[PDB]
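Below: the structure, in structure tokens.
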Amino acid sequence: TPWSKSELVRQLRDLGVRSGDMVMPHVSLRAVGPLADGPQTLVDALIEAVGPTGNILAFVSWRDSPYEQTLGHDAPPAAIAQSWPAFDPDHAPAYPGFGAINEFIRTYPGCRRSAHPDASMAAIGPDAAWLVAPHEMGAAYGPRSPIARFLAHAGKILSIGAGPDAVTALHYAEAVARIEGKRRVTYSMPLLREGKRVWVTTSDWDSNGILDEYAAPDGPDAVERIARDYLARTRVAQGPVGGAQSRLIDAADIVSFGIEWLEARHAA
Ligand SMILES: NC[C@H]1O[C@H](O[C@H]2[C@H](O)[C@@H](O[C@H]3O[C@H](CO)[C@@H](O)[C@H](N)[C@H]3O)[C@H](N)C[C@@H]2N)[C@H](N)[C@@H](O)[C@@H]1O
Ligand SMILES: [Mg+2]
Ligand SMILES: [Mg+2]
């Protein structure tokens, strides 16, 4: 029988979500199983669980990010440059590959959306505007990004059937780790500025693997390795949300662990 909003809220409370919390979810809807009203049921449950003073932050990206089409070039290729849509935060759909729940989050009334087209973050709650801006090119997951502010805001990572590789906040640890050999990428995104499309080319840390040994397309990357080690070494509330094995992780603690993990393994 499909899970109801009330059942999910009670499960979230059992896992340790409290009114007023700042939560970043990573969801496998397949693991959760059927929901009374589809994915919206779990969105509504998350909002109820954090309450009217709580906040949700999600990494939603953009269905049409021209990442692969511009990667490695000093400017967008001519055909891309002429016809790609500018990123419009009000209308651009979320990227399906990071979870189908994210499009429901981003379209929720009052949701705010960050300006970085590839790293776009959506937030719901009283602190949403403060969470989502600034989000500049060159600051995808590191200092000055919404992730940085999430980590300063008592953030909790709510993994609902998701694997250790899903922990986006660990890209902050990669950004700040004092290690040699860090990989960077160059790409271009089409922004809206005063109603006009402006292409911006930037470099940033490689979010597909901070060192060569973490950058195999299949993984495992550093996020996955760090998170697997952390979860083997730390008390973390675990329990069901819907049909999904779930965990509620202190974000600052896992990111600090990840910085240490990288710096212990890689020369400065
Ligand atoms: N590397 C191994 C990991 O790979 C993917 O996760 C990555 C994404 O690939 C990356 O995406 C970027 O590169 C994509 C491919 O070019 C673009 O499509 C996308 N627009 C662009 O933002 C995110 N920023 C960070 C995330 N950890 C898998 N989901 C994950 O399970 C696996 O562990
Ligand atoms: Mg508050
Ligand atoms: Mg809207």
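The residues of chain A that appear here are 19-286 by the PDB entry count, in order. Looking at the header, which is where the method is noted, we find X-ray crystallography, 1.4 Å. Note that ligands are numbered from 1 as they come in the structure, with each ligand's atoms numbered from 1 the same way.
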Name of the drug or drug candidate at ligand 1?
bekanamycin
Mind checking something for me? Which chain has more close contacts with bekanamycin than the rest, going by the PDB entry?
Aminoglycoside N(3)-acetyltransferase
Which residues from the surrounding chains have any heavy atom less than 4.0 Å away from bekanamycin?
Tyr85, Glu86, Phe116, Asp136, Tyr159, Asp183, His189, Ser225, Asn226, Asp239
Nearest protein heavy atom to atom 19 (C) of bekanamycin, by residue and atom, and its distance?
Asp136 OD1, 3.8 Å
Neighbouring ligands and ions of bekanamycin (cut-off 4.0 Å)
none
To which protein heavy atom is atom 13 (O) of bekanamycin closest, and what is the distance rounded to 0.1 Å?
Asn226 OD1, 2.9 Å
Protein heavy-atom partner closest to atom 29 (N) of bekanamycin - residue, atom, separation in Å
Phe116 CE2, 4.5 Å
Among protein heavy atoms, which sits nearest to atom 24 (N) of bekanamycin, and what does the distance come to when rounded to 0.1 Å?
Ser225 OG, 2.8 Å
Do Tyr85 and bekanamycin have an N or O pair less than 3.5 Å apart?
no
Residue and atom of the covalent bond to bekanamycin, if one is modeled?
none
May I ask you to identify the nearest protein heavy atom to atom 3 (C) of bekanamycin, giving residue, atom name and distance to one decimal place in Å?
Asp239 OD2, 4.2 Å
For atom 18 (O) of bekanamycin, what's the nearest protein heavy-atom neighbour? Residue, atom name and distance, please.
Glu86 OE2, 2.8 Å
Looking only at protein heavy atoms, which one is nearest to atom 32 (C) of bekanamycin, and how far off is it?
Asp183 OD2, 4.3 Å
Numbered atoms and elements of bekanamycin in range of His189, under 4.0 angstrom, heavy atoms:
25 (C), 26 (C), 27 (N)
